Amino acid sequence: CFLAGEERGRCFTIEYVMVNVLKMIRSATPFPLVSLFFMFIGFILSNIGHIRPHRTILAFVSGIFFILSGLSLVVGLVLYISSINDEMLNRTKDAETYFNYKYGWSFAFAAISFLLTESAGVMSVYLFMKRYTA
Amino acid sequence: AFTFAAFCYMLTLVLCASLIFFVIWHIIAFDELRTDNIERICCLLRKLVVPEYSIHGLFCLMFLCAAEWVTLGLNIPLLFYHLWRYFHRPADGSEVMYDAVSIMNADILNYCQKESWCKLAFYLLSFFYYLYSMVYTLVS
Amino acid sequence: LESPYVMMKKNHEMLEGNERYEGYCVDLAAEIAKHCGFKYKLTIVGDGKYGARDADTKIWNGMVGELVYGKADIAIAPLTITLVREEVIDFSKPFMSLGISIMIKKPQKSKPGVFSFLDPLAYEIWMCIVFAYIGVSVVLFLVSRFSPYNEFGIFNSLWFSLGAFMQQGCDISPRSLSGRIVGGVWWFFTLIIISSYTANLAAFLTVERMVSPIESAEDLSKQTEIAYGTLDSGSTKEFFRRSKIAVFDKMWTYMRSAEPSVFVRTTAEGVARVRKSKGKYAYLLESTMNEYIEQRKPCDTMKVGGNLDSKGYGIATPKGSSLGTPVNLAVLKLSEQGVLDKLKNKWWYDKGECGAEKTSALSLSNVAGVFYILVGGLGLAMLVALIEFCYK
Amino acid sequence: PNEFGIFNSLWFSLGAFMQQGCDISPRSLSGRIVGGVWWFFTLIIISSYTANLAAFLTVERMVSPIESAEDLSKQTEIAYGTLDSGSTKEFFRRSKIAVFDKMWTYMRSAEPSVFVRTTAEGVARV
Amino acid sequence: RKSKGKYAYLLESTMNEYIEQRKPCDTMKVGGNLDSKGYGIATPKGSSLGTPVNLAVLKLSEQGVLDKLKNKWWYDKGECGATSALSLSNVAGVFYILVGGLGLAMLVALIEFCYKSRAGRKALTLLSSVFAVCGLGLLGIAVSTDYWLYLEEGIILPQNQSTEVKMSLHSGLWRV
Amino acid sequence: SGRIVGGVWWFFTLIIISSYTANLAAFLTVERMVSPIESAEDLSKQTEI
Amino acid sequence: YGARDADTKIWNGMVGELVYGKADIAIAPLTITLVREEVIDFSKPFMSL
Ligand SMILES: CC(C)CCC[C@@H](C)[C@H]1CC[C@H]2[C@@H]3CC=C4C[C@@H](O)CC[C@]4(C)[C@@H]3CC[C@@]12C
Ligand SMILES: CC(C)CCC[C@@H](C)[C@H]1CC[C@H]2[C@@H]3CC=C4C[C@@H](O)CC[C@]4(C)[C@@H]3CC[C@@]12C
Ligand SMILES: CC(C)CCC[C@@H](C)[C@H]1CC[C@H]2[C@@H]3CC=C4C[C@@H](O)CC[C@]4(C)[C@@H]3CC[C@@]12C
Ligand SMILES: CC(C)CCC[C@@H](C)[C@H]1CC[C@H]2[C@@H]3CC=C4C[C@@H](O)CC[C@]4(C)[C@@H]3CC[C@]12C
Ligand SMILES: N#Cc1ccccc1-c1cc(-c2ccccn2)cn(-c2ccccc2)c1=O
Ligand SMILES: O=c1[nH]c2cc(C(F)(F)F)c(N3CCOCC3)cc2n(CP(=O)(O)O)c1=O
Ligand SMILES: O=c1[nH]c2cc(C(F)(F)F)c(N3CCOCC3)cc2n(CP(=O)(O)O)c1=O
Ligand code: NA
């Protein structure tokens, strides 16, 4: 989606437009989708562990999906940031222009979401040790 | 000049000096066996042998990564001898195995003594093979 | 009309005569005329050709065709002294020497790989480091098991040596003399290797040093990564076709077959394909345009290597002209008085748009492969726990 | 088959990053792989901090300010110009000295025009 | 060849390319040419031969014959040939001490193991006397002799490094 | 008294090990700044060869 | 190679043997020069340098 330089309000998609970094962020796309899958697997396997506690292993395995998710954010966010910095580098260096990339509140929400499912990862494993010693 | 292949030959003079000390101790152990004793030379031998494999098993993965295909090939006849004594004939054992519970009845006692001089003859020839190709790769 | 030979001057609308034009061959026509003593009329050619004899009608075009057929008296221009032209007109000695050269894109910061963090030490060092690590760990195990003082089995020896190399100290240390000779010499090894990693990395980050992959046409012939191509026609095209040396026959069997077609159709198409292929296209062209485009804007192109052949630009007169001998001696005056060198430095370099710090923070790209090994080692540690939980 | 609950694990990893780590050390193979790749991570990161800071402080020490006209004639990254008329512009135009002919060669061909029109305009541009 | 890189010689390009291909391979040609000149075939200014020779040179130039003959005599009949990361040759001696220190420690493991398996005031009285006499000896000699500081202040010559000392000396704490 | 000798030997090696790395980084940087002669303008500037 | 002695105004060398009839042609590394081109006829350069 564009603004203020040829201000076209048409939110273009990534496949029906053609910048080389816009193909570089395609490479860092599956990892926030693998992360969101493992959070949804770990969540529906945590709720089974709340309604049927007769088998306790539901809580520990859902803790593993909460931790494999956050490790897939970090590889995704390293891939995402490193794809930007590689294409900011491969440009004709001219001191009569300027460049400026920033991050927005969607990058921040993917960053905070690391902290919450790694915290849900620890608390699901401590919940397993409460159930198993009881 | 010093290179990675020349270091792979320096690092195997140091460990073949251990491999000959495993075998001088291995010919004394069966000579002192015949003089006297089973349960101690069960235990004293059994601790020795697994270092002797993996040090030579180190040499296989060290000259593979050094691209020394003649040197890796000359460690092949001792290597595939070593796989046989641990995968198919470490007779039953199950403490570590091989120079274990199976002593006298005396037919393996002759087989070990033929092996014990065959290990020393290979290791003393490996020591000068490694010392030659050390000097070879350094000078050249 | 060719730059910097004849360029129409900026305000040529309000000008008339020999002063509508500027350039190298305008400054040269001034020097030829004050040494030979005549008055001249600068006259841009019709067709726009340099001169070639037609294969059917046998009629010369271009500037050669105006000298043969009478329409001109001298051709002070970048006109190449060749065999077929010398038979119909008369050249002077070369006022400029030139040949076929290579144009590549000017090298850049060269974005990092995954294992770029390994690069302060050579790969032959890193292989020696890994095998010395298992080396000191086996020797720790030999020293501690036989002749004991242990707590130093093979996996506590691999962890002592790993923690010693990473400079993380230890939990246990050897207590015997011989274990302390192993431990203390591996400590000194680590001290030199980690200090020379940081010192050689500080040298790289202080001094930028950009090297070009191609520095000769031999280096182009020994590779297929960078695609090289001439123009679709002309003399650079004809050179590689009929060459027989050793290397230009190799460079010709490459270009004639390669898909997509490496032969551009215009010089500006070949320059743009250099600038817009990020170091994968090397354009083969004359060394005079190559040195001029290097001095235009942007600073995106570069001349590498020496020339491939030797040719020259001559000043031509009709065969039998009375200017033929004095212009020839005029060029040799201007050569030895340094005038021709001075005119080339003015129009190539003193009027060159490209002429002739502040260390930046490390980007995540430079060190990103350490994060990949870390999470690759975090996931490998979760497998080994899963195998440990099943096997026990 | 603990000492490595979540708060001792945060203290092992904090002391491993600072390269200050005495405490419990991991004893299992799987705890020593995570310990070992985090030790290699900080060996690269702490070395990169010191090496990039040494690169900064060295380049900031190499900086030579302008103290001559030969420093202006070499460094073609700071622009320099005169007033549009008068003795100073006619000095470089007529000069046959090497460093001063190089400065006029730069000034007569420079985009945009380095020649100011008033002394107050030239002090403004500085 | 005798100034270690502190001298550069300005000559013609075709001798600089020829001496570069003749043993010893000490020298190299750097940069582009400083001027542009050419070698010609010359004729007596009224000859009936200067015109066929001129078309012969332009024919031999465009058939690559002149480039063929230069490669033959400069390069094919030549005598010579034709990473930024830290190499093993710079840190080779810390690998020698490592291998030398691992071999020392396995030697100590022998003469510990032989000593462990096989197995006062008089010894230390004997050793703390002979180390104290020779301590008094070696420092007593050293402060009373004049061989502390060998000092030269000679001058070099740019002629095969001809060396002439003028202030060679040996010193002590009390003598010069 | 054992911690004074331990403490001044800790400060000794903090200076000595830092001096080794800093002087080796000074060497490798200066050896990387070295530009060989490749022009006559490199000869006209460098009045040491 | 050939040079004019400014006293005698005579040529010594290969330019001398061409001007005074001894030679018919000089295939040699003879530099195309202003002072030589006045008295002998050079071809196009067979070698640029
Ligand atoms: C290399 C990748 C593909 C997988 C390697 C993991 C497996 C194959 C290896 C790693 C080294 C081996 C270990 C052997 C010793 C210990 C001790 C044992 O009490 C349980 C398991 C445990 C902790 C390991 C189990 C896993 C093991 C058999
Ligand atoms: C413990 C023993 C058996 C293993 C190998 C011994 C090694 C460490 C010793 C043996 C004697 C030493 C040599 C000393 C002389 C030369 C000259 C030197 O310019 C480089 C190395 C070189 C060629 C040798 C390298 C190996 C050396 C440093
Ligand atoms: C290169 C060689 C000579 C140096 C090695 C030192 C060896 C030979 C000597 C030094 C004197 C001996 C030490 C004497 C004191 C103790 C006490 C004793 O209870 C056992 C051994 C022990 C710990 C030492 C072992 C090493 C020893 C056997
Ligand atoms: C078990 C898990 C946690 C370890 C391995 C899985 C995933 C998360 C990670 C770790 C390191 C990653 C690689 C890193 C390098 C390259 C290059 C990059 O351009 C894209 C991805 C790619 C091709 C890899 C993708 C997969 C990746 C392997
Ligand atoms: N920059 C950087 C960097 C940061 C951390 C670790 C390593 C590097 C690095 C180092 C080197 C290098 C090389 C020789 C000598 C010293 N250092 C090179 N590179 C790098 C940079 C860009 C592309 C490829 C490698 C690097 O990325
Ligand atoms: O006599 C000739 N003199 C030439 C002089 C030049 C220039 F360098 F511009 F002076 C050029 N160009 C080089 C690159 O393409 C655009 C123009 C072509 C010339 N050509 C045609 P070619 O040599 O057959 O290609 C001649 O024939
Ligand atoms: O005799 C002269 N004396 C001058 C004295 C000065 C001053 F410095 F103010 F004293 C100046 N200025 C230079 C700086 O900005 C303000 C005017 C100009 C002078 N000029 C003209 P210029 O030298 O051609 O420029 C003369 O002719
Ligand atoms: Na520095």
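In what follows, chains carry the letters A, B, and so on, assigned in the order in which the sequence lines appear, proteins first and then strands, with residues in each chain numbered from 1. A restricted portion of the entry is shown here, and the contact count covers that portion and nothing more. Order of listing sets the numbers, starting from 1, for every ligand and every atom in it.
- As PDB records put it, the drug at ligand 5 is perampanel.
- PDB records give the name of the drug at ligands 6 and 7 as ZK200775.
- The largest share of close contacts with perampanel (ligand 5) comes from the chain named in UniProt as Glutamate receptor 2.
- Every other chain with a heavy atom under 4.0 Å from perampanel (ligand 5) is named here: C, D, E.
- Neighbouring residues of perampanel (ligand 5) under 4.0 Å (non-hydrogen atoms) are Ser110(C), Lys111(C), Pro112(C), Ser116(C), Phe117(C), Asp119(C), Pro120(C), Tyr197(C), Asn200(C), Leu201(C), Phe204(C), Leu205(C), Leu362(C), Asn366(C), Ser48(D), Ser84(E).
- With respect to atom 24 (C) of perampanel (ligand 5), the closest heavy atom belonging to the protein is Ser116(C) OG, 3.6 Å.
- Considering backbone and side-chain atoms alike, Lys111(C) places every N or O at 3.5 Å or more from each N or O of perampanel (ligand 5).
- Segments near perampanel (ligand 5): of the UniProt transmembrane segments of chain C, counted from the N terminus, those with a heavy atom under 4.0 Å are 2.
- Ranking the protein heavy atoms by distance from atom 23 (C) of perampanel (ligand 5) puts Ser110(C) O, 3.1 Å first.
- Checked against UniProt, none of the L-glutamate-binding residues of chain C turns out to have a heavy atom under 4.0 Å from perampanel (ligand 5).
- For perampanel (ligand 5), the atoms sitting less than 4.0 Å from at least one non-hydrogen atom of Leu205(C) are 1 (N), 2 (C), numbered in the order shown with element in parentheses.
- In terms of protein heavy-atom proximity, atom 15 (C) of perampanel (ligand 5) is closest to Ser84(E) O, 3.3 Å.
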Would you mind writing out a table of all protein N or O atoms found under 3.5 Å from any N or O atom of perampanel (ligand 5), naming both atoms and giving the distance to 0.1 Å?
residue               : atom  : partner   : partner atom : Å
perampanel (ligand 5) : 1 (N) : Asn366(C) : ND2          : 3.2

